[PDB]
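Entry featuring daltroban.
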Amino acid sequence: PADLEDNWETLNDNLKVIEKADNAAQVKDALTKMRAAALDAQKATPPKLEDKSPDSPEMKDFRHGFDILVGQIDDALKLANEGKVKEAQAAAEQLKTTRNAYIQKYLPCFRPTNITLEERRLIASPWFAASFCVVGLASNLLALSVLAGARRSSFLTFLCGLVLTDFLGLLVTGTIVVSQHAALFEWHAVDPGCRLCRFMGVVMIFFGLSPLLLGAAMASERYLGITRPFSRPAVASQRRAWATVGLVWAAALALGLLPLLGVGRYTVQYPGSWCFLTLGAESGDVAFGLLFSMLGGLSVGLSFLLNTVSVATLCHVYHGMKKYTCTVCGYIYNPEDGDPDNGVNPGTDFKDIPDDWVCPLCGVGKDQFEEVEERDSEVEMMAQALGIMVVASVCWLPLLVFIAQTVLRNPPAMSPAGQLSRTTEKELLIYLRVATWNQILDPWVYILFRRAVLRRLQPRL
Ligand SMILES: CC(C)CCC[C@@H](C)[C@H]1CC[C@H]2[C@@H]3CC=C4C[C@@H](O)CC[C@]4(C)[C@H]3CC[C@]12C
Ligand SMILES: O=C(O)Cc1ccc(CCNS(=O)(=O)c2ccc(Cl)cc2)cc1
Ligand SMILES: [Zn+2]
């Protein structure tokens with residue numbers, strides 16, 4: 001037999017034929033192509049009903065729908081065999097409604113749900129979703145506005161990338177989500193099929209992982225720029241940074257593309273306003289769930305590890321005697337310590353060390369040593385990098401942990417039909433709603449964590 005989705009397409013392809021067709025020959029043939037697909041789809045076992053036996057009332061209630069669809073196809077096929085062109089055109093038109101009730105709800109991306117029509121009505125809020133979305137977009141546009149005045153840094157390139165990623169994220173997902181709330185989570189209304197749902201899943205993983213990986217990219221710019229000599233050859237550094245952003249996006253799209261390649265699955269999630277990786281126990285669902293959570297988690301982890309070391313370096317260096325770093329191995333010459341093993345007792349100013357003194361780490365001369373200059377720009381960026389890091393810690397980590405736990409749950413978290421408890425269905429929505437805040441708060445870390453803001457909003461205290 002053929003996949004329910006393949007038959008679903010056949011039924012649409014032919015429904016579109018009958019619509020534009022002018023004679024009963026084309027109409028009859030398109031309806032003949034329909035009937036076999038409906039008969040084929042009846043032999044199929046939807047994923048939504050994997051745990052049911054064929055004898056099951058849930059299973060025969062499914063097969064009866066195809067009896068009804070075939071019944072209508074035959075009712076229209078009788079009219080096409082009558083030569084009644086306009087009549088057969090109309091009888092096949094009502095099949096659009098019929099296919100939604102008997103095929104569309106069993107399509108792959110549709111997991112089972114015990115959410116009543118009543119629950120959907122009150123949960124449906126397009127105007128609030130729109131409001132939140134607009135707030136998110138405005139914020140991001142505001143960050144880019146501020147960025148436009150400020151900027152050439154490798155840091156700022158990633159910050160721009162992260163603000164731009166957040167904006168498109170809120171705009172593309174927001175639009176889907178608002179439409180769903182406007183359509184009371186009835187997918188067929190917006191787009192019949194699993195295509196929009198699958199697109200939404202890829203978009204979710206893309207805009208999920210991207211702000212996390214770019215957050216980690218920023219933590220690495222700070223780490224290298226602070227630990228290694230503060231040599232900022234912009235244009236090159238900005239190219240290296242935009243290229244990294246592009247790789248970050250490519251890697252984030254490539255992972256969002258895995259459920260399409262059969263590693264994982266995109267299915268509609270409670271309340272029905274969005275799609276995501278399926279939180280199942282299936283080998284793929286586990287591999288993809290952990291891949292996503294491990295990557296986001298490691299991104300936030302690595303961001304913490306690096307940032308603490310960069311702050312540790314900024315605090316040690318931006319305090320005390322005039323430190324000079326080796327521009328070959330980064331060795332920070334601390335007058336405070338000296339090099340007593342090489343006759344430079346503690347308290348020796350760099351200006352007081354002889355030429356016949358070499359770097360105790362790499363061995364290069366005093367000529368290859370640069371003065372460590374205190375820059376408020378380095379402080380401003382370190383603050384924004386920590387701010388971005390804390391935002392991701394607070395918003396993303398709960399969801400990332402939740403995903404990995406759900407996927408690794410001792411008694412399976414998901415039923416064989418693909419159903420989740422309404423507590424886990426709610427937990428995920430709450431955890432996702434939290435993650436949404438990272439895309440709203442990242443532009444504000446840039447807007448607020450600035451030396452000019454500190455200055456203009458100083459006499460408040
Ligand atoms: C130009 C370079 C950098 C590569 C980017 C190509 C992008 C835009 C393309 C290539 C393959 C595309 C995907 C192919 C298949 C599907 C399945 C469909 O149900 C929803 C959209 C979705 C998810 C597409 C989204 C966009 C996509 C990821
Ligand atoms: O309230 C609802 O109806 C449920 C719901 C809320 C918000 C969205 C999309 C939020 N967009 S986002 O902040 O860019 C984002 C967030 C997480 C990821 Cl993994 C990727 C992108 C979807 C569904
Ligand atoms: Zn050195």
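Here, residue 1 is the first one in the sequence, and each next residue gets the next number. Whatever order the structure lists them in is the order used to number ligands and atoms, beginning at 1. How was it done? The header gives X-ray crystallography, 3.0 Å. Quick note: numbers below take in every heavy atom, side chains included, and nothing from hydrogens, waters or symmetry partners.
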For this session: Name every ligand number or chain letter assigned to daltroban.
Result: ligand 2
Exercise. Per UniProt, what macromolecule holds daltroban (ligand 2) with the most contacts in this model?
Worked result: Thromboxane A2 receptor
Exercise. Which transmembrane segments, counted from the N terminus in UniProt, of chain A have a heavy atom under 4.0 Å from daltroban (ligand 2)?
Worked result: 2, 3, 6, 7
Exercise. Which residues, given by chain and number, make up the 4.0 Å heavy-atom shell around daltroban (ligand 2)?
Worked result: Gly169, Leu170, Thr173, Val177, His181, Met204, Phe207, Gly208, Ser273, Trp274, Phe276, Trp396, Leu429, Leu432, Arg433, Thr436, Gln439
